[PDB]
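Quick look at a structure containing methotrexate.
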Amino acid sequence: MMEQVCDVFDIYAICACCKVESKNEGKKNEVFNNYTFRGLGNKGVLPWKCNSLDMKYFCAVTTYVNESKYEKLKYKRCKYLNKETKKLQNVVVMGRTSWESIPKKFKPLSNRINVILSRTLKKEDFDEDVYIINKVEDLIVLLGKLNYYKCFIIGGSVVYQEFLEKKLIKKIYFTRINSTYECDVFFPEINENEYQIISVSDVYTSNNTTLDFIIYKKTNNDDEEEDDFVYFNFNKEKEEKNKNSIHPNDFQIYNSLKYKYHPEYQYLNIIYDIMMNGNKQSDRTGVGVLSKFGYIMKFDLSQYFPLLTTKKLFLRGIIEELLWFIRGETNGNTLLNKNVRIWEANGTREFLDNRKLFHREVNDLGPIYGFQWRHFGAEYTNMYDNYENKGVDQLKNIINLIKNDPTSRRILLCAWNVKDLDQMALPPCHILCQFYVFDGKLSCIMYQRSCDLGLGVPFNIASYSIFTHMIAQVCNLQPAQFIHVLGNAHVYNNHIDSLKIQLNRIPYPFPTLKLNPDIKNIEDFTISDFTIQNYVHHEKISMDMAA
Amino acid sequence: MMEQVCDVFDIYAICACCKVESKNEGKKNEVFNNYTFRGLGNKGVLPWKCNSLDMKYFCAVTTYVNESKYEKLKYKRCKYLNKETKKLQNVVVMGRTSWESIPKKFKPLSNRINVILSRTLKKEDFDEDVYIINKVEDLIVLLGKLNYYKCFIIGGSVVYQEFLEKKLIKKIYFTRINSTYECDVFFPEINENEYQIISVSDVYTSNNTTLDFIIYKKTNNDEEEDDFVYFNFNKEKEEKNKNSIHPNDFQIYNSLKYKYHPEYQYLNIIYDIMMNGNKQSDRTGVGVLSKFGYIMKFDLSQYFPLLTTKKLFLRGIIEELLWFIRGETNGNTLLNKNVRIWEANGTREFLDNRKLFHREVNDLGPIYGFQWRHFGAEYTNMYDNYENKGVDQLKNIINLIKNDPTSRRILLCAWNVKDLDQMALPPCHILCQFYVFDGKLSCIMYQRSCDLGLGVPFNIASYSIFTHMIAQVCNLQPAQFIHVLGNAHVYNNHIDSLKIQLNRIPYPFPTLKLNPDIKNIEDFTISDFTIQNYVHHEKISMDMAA
Ligand SMILES: NC(=O)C1=CN([C@@H]2O[C@H](COP(=O)(O)OP(=O)(O)OC[C@H]3O[C@@H](n4cnc5c(N)ncnc54)[C@H](OP(=O)(O)O)[C@@H]3O)[C@@H](O)[C@H]2O)C=CC1
Ligand SMILES: NC(=O)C1=CN([C@@H]2O[C@H](COP(=O)(O)OP(=O)(O)OC[C@H]3O[C@@H](n4cnc5c(N)ncnc54)[C@H](OP(=O)(O)O)[C@@H]3O)[C@@H](O)[C@H]2O)C=CC1
Ligand SMILES: CN(Cc1cnc2nc(N)nc(N)c2n1)c1ccc(C(=O)N[C@@H](CCC(=O)O)C(=O)O)cc1
Ligand SMILES: CN(Cc1cnc2nc(N)nc(N)c2n1)c1ccc(C(=O)N[C@@H](CCC(=O)O)C(=O)O)cc1
Ligand SMILES: CN(Cc1cnc2nc(N)nc(N)c2n1)c1ccc(C(=O)N[C@@H](CCC(=O)O)C(=O)O)cc1
Ligand SMILES: O=c1ccn([C@H]2C[C@H](O)[C@@H](COP(=O)(O)O)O2)c(=O)[nH]1
Ligand SMILES: O=c1ccn([C@H]2C[C@H](O)[C@@H](COP(=O)(O)O)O2)c(=O)[nH]1
């Protein structure tokens, strides 16, 4: 137990990194990893100018002290140095160039002991209440003589590089700023053997970018109230049924994380839950599943666009499918001719005849979503008919209610037409959307009866999130929450091995969705009115790994 | 440093109490309280004979030690006793009758320091593995001498009586056995202002009764933890309507550490909406606090989730259910049974305000019963014969459960978009979806609009009862009822009444018994339904208005 210097003196690094203009040239087949986030500085300032939320984070972490924990720290440091026996503050250590780019208004940093590394400048060159050191050794000496809680290295690139190479960083509080800026200085490549990610925060939006916060940890290389807890768990299981058939040593990364606050973990945990506690069942398909019943996921669309990052999704298909719904189309050829094959297997001669739809033309999918959204209750004829002002246009009705009766508890769009189910290639998986309006903000609940977690759910989160934006925009509202309720939630046995890979990937900060803001009517959107920005993602996974 | 002997020596009572037969006595509008549960013994044995879960709990609590936590408890007991001096075990103190009540198979109680209070007997009638004592003071002595983790008073009635009388009990680990037996000995009345409940477990079934486990407390008179603070850096100074609702009004709710009783799923949502709800106006000028999207789950295999923090009546809601199953839309059928759930929605004025100018009073239009038995049929009037018109979705979901239990399309849907404008009211209960695994039926009901103070308590009961009915006619056991709330709201006029309700500690849930001979969904009648062992707090008038 030859105690480490960074452990005795609680020396941490905190930084913010953006993505870099591109030294590889263009983004077609873009590879991503931790090192995508490495931009620290440009021309002596920040690459992004201002990030209000990162600065709030920076201030809270570097200012926070827990006075009741100091005693254990003082003792520990005393022993290490061989030693005996008014507001506690953290130390912040910065390079001279970093000190100089802090605005005057903010220097020295409030409620913190400020330490500047310089050779060119000495105490006489500073007016301010700061300690000047001319080498790293002088920090260890200084920390031996101060009362302080923790010590934060706050940059810049030269200072980070020398604290990391000297093995003096216990943890890295790392902000991922999910946008690209011109940068002339970079955080050092973090060695994956020296440091592991132990925590990932929620995703936020600030100054027109998404960001999250992650923590890297240096790799190894009253009392009767806790008794009451134990008592109330007397009737628990020694084992989970498929725990012995899905070995959690296959989830080394997923289980190594302490805080899993990134909203992608809502999806990934449900997979975990189904893998460990799911019911082995047959299904319509013959494939066989693990299943569970009843889950709820919430995504904050004001803060991010929840496109899964732990594998590659493409949105052109599901944006085209959604536009096809809104037009009220049931013609499978329209999608096929845009090279969207979502519905191809469900429109075949064989699939239709197995549904007893012997009088249905190939790719005529019958009165599915689009027909129900624009014409609920009309008699379906064929995919070419003009159902002009036939049946209930519930899409137009919900837009009307959101504009004119926003507190209505009756703003629902329902695809589950009980009369029409046997005429549909497939009864709807997405039963209903309900809308909620508070203070100029639109939330949406979608109830999904049947949830393919490997293949379907990722696309479905994106569809209904995109659809919430479209409806919010034409009603003059801001999008708030997309809330996804899972009925029969299943993992197909043929997805297990690929979902196991996916679960050991750490999510990236989400992207953002921009809509052309001239679109004033739900019918007026086309594919080029939609931009996904700053999609950072792990490699595409084939769910079916057959060959 | 003010320290009492019950805290010094960590002397706990542990007991199991049932309810008591009143051999030709009271029972009118029954008043319940904690003293409802006081049955300890009959003819020197347990009133209920056998309860394997209570015995499993007794064994776990009385057998459990944290050795790591002892140092601090040896320190404390030495300071007190003016002193400072193999494997750690708890003490169990019982009366001689209680000792003799135990079967020889199991005495002496495995891995415990057994102690017996006895005026009659002495060490020579027993052995040296067990200890005898002659009075209560002789235990304070023997505790002072021993290496023991905690000291457990395991009865009987006389032991508990004097141990409480003298105030030597720090905490009471009290099993509530929610059935009635013949009793000849009782636990003593526990005084409110002397002992308070601090924890309430999940409700369970064992040996054909519900039970739960509550904990009474005596009333008075290292670094990864920072990472947690950092992740909360963007949080609020307060919760939105905090100034407005005042959490000091929730002292009992907030004083509890473990709130595992499933009734807390309902009470926690009321607390969530009061603290964090959005102020809105509705179809009227009436105030609500509203939030969007909640799930509750009730284990129908372990209990019937009839709220306990206030009094609920089910005759009306069971009749409404039978009325739905018959396909009826005739509101007069219910009014003639004094079920007035739909009365306000049937009046001339209400139908005229819905634009239903050509609808007969109490002709509720193509609501639930019509959609359940006849989805897609043209509604005419409430008197028409619709036989074999529309989709009988009720019949269909039952055949699906029986023939294709792994179908993901077992769905009963009342939201008929084409018919909404013809209904007195569009359905609040949009759909039921069913799920079958290993001979067990679960049901999700999605509710678009949830009156939490008045509606949701009945709605939990309706759909739990319907789950039992569907399960029984399909030869399945009910598993979970899962309630999804869309627009969840508390009416402002309910807030004072819900504040009272949140401060009441739930009782163990009742059970539902169906007549087991009914194997067709259409053949249930009101006499087929029995709620058993309903223990509840006083009725609450949700709207206090005089
Ligand atoms: N995004 C983020 O988290 C952060 C961004 N930044 C950005 O990074 C840039 C600044 O980084 P960079 O240019 O690397 O400069 P630094 O802030 O790392 O400062 C470098 C200078 O620090 C002094 N110094 C460093 N190490 C020592 C040592 N061991 N002994 C003595 N003096 C030492 C020397 O100053 P001297 O020359 O006077 O001797 C050296 O020239 C700016 O663009 C800034 O905005 C800054 C910090 C954090
Ligand atoms: N449900 C539950 O939680 C429990 C159930 N029970 C039930 O309760 C009944 C037993 O209770 P009960 O009949 O009241 O008997 P107890 O077990 O309380 O025994 C009372 C006897 O203990 C001895 N004793 C009591 N106080 C003293 C004292 N101060 N000093 C010395 N000796 C003392 C005497 O025995 P002696 O005459 O030998 O001197 C006295 O008659 C049974 O029916 C049993 O099944 C029992 C325990 C727990
Ligand atoms: C060294 N430096 C560059 C800089 C910028 N953002 C970062 N963000 C992170 N996460 N970590 C860093 N090390 C970091 N460093 C700084 C540091 C502080 C201030 C500054 O003015 N800080 C005020 C914040 C005032 C405010 O914006 O409210 C403070 O009191 O912390 C500016 C630049
Ligand atoms: C929304 N949707 C409908 C959907 C989803 N999951 C289903 N799952 C099952 N079992 N059956 C369905 N009919 C089904 N349908 C979609 C959306 C996208 C893709 C899709 O594009 N899949 C990728 C899969 C990529 C891969 O895993 O290699 C592809 O390239 O086709 C399929 C179905
Ligand atoms: C004193 N007594 C009556 C009795 C029964 N149930 C209770 N249950 C509770 N919750 N609390 C009590 N005080 C209590 N007391 C007892 C105590 C232990 C055993 C007994 O045989 N227990 C064995 C094992 C019994 C079993 O596993 O079935 C043990 O190891 O604790 C029987 C009666
Ligand atoms: O948008 C969609 C469409 C389908 N499914 C999945 C759920 C089931 O795996 C299958 C539909 O089959 P049934 O549930 O109808 O049997 O497709 C999705 O997850 N999302
Ligand atoms: O079974 C029922 C019927 C009604 N409501 C409540 C919800 C609303 O407060 C009101 C229905 O009116 P709208 O939400 O449709 O306006 O009654 C329930 O909670 N349960």
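Throughout, protein chains are lettered first and strands after them, A, B, ... in sequence-line order, and every chain is numbered starting at 1. Just so you know, ligand 1 is whichever comes first in the structure, and atom 1 is the first atom listed for that ligand.
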Got a sec? Need all the ligands or chains for methotrexate.
ligands 3, 4 and 5
Report, using the naming of the PDB entry, the chain with the greatest number of heavy-atom pairs under 4.5 Å to methotrexate (ligand 3).
Bifunctional dihydrofolate reductase-thymidylate synthase
Judged by heavy atoms, which other chains are less than 4.0 Å from methotrexate (ligand 3)?
A
Define the binding site of methotrexate (ligand 3) with a non-hydrogen cut-off of 4.0 Å.
A/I14, A/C15, A/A16, A/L46, A/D54, A/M55, A/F58, A/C59, A/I102, A/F106, A/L109, A/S110, A/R112, A/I154, A/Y160, A/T175
Between A/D54 and methotrexate (ligand 3), does any nitrogen or oxygen pair lie at a separation below 3.5 Å?
yes
Can you identify the residue and atom to which the deposited model gives methotrexate (ligand 3) a covalent bond?
none
Do me a favour and list the nearest non-hydrogen protein atom to atom 18 (C) of methotrexate (ligand 3) with residue, atom name and distance?
A/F58 CE2, 3.7 Å
Ligand-side contact atoms (methotrexate (ligand 3)) for residue partner A/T175, heavy atom cut-off under 4.0 Å:
10 (N)
Report the nearest protein non-hydrogen atom to atom 25 (C) of methotrexate (ligand 3): residue, atom name, distance rounded to 0.1 Å.
A/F106 CE2, 3.2 Å
Among protein heavy atoms, which lies nearest atom 3 (C) of methotrexate (ligand 3), and at what distance?
A/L46 CD2, 4.0 Å
What atoms of methotrexate (ligand 3) come within less than 4.0 Å of a heavy atom belonging to A/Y160?
13 (N)
Within methotrexate (ligand 3), which atoms have a heavy atom of A/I14 less than 4.0 Å away?
10 (N), 11 (N), 12 (C), 13 (N)
For methotrexate (ligand 3), which atoms have a heavy atom of A/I154 less than 4.0 angstrom away?
1 (C), 13 (N), 15 (N)
Source organism of chain A (PDB entry):
Plasmodium falciparum
May I ask you to identify the nearest protein heavy atom to atom 29 (C) of methotrexate (ligand 3), giving residue, atom name and distance to one decimal place in Å?
A/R112 NH2, 3.4 Å
Closest protein heavy atom to atom 24 (C) of methotrexate (ligand 3), given as residue, atom name and distance to 0.1 Å:
A/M55 CG, 3.6 Å
If the cut-off is 4.0 Å to any non-hydrogen atom of A/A16, which atoms of methotrexate (ligand 3) fall inside it?
8 (N), 9 (C), 10 (N), 11 (N)
Can you tell me the protein heavy atom closest to atom 33 (C) of methotrexate (ligand 3) and the distance?
A/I102 CG1, 3.9 Å
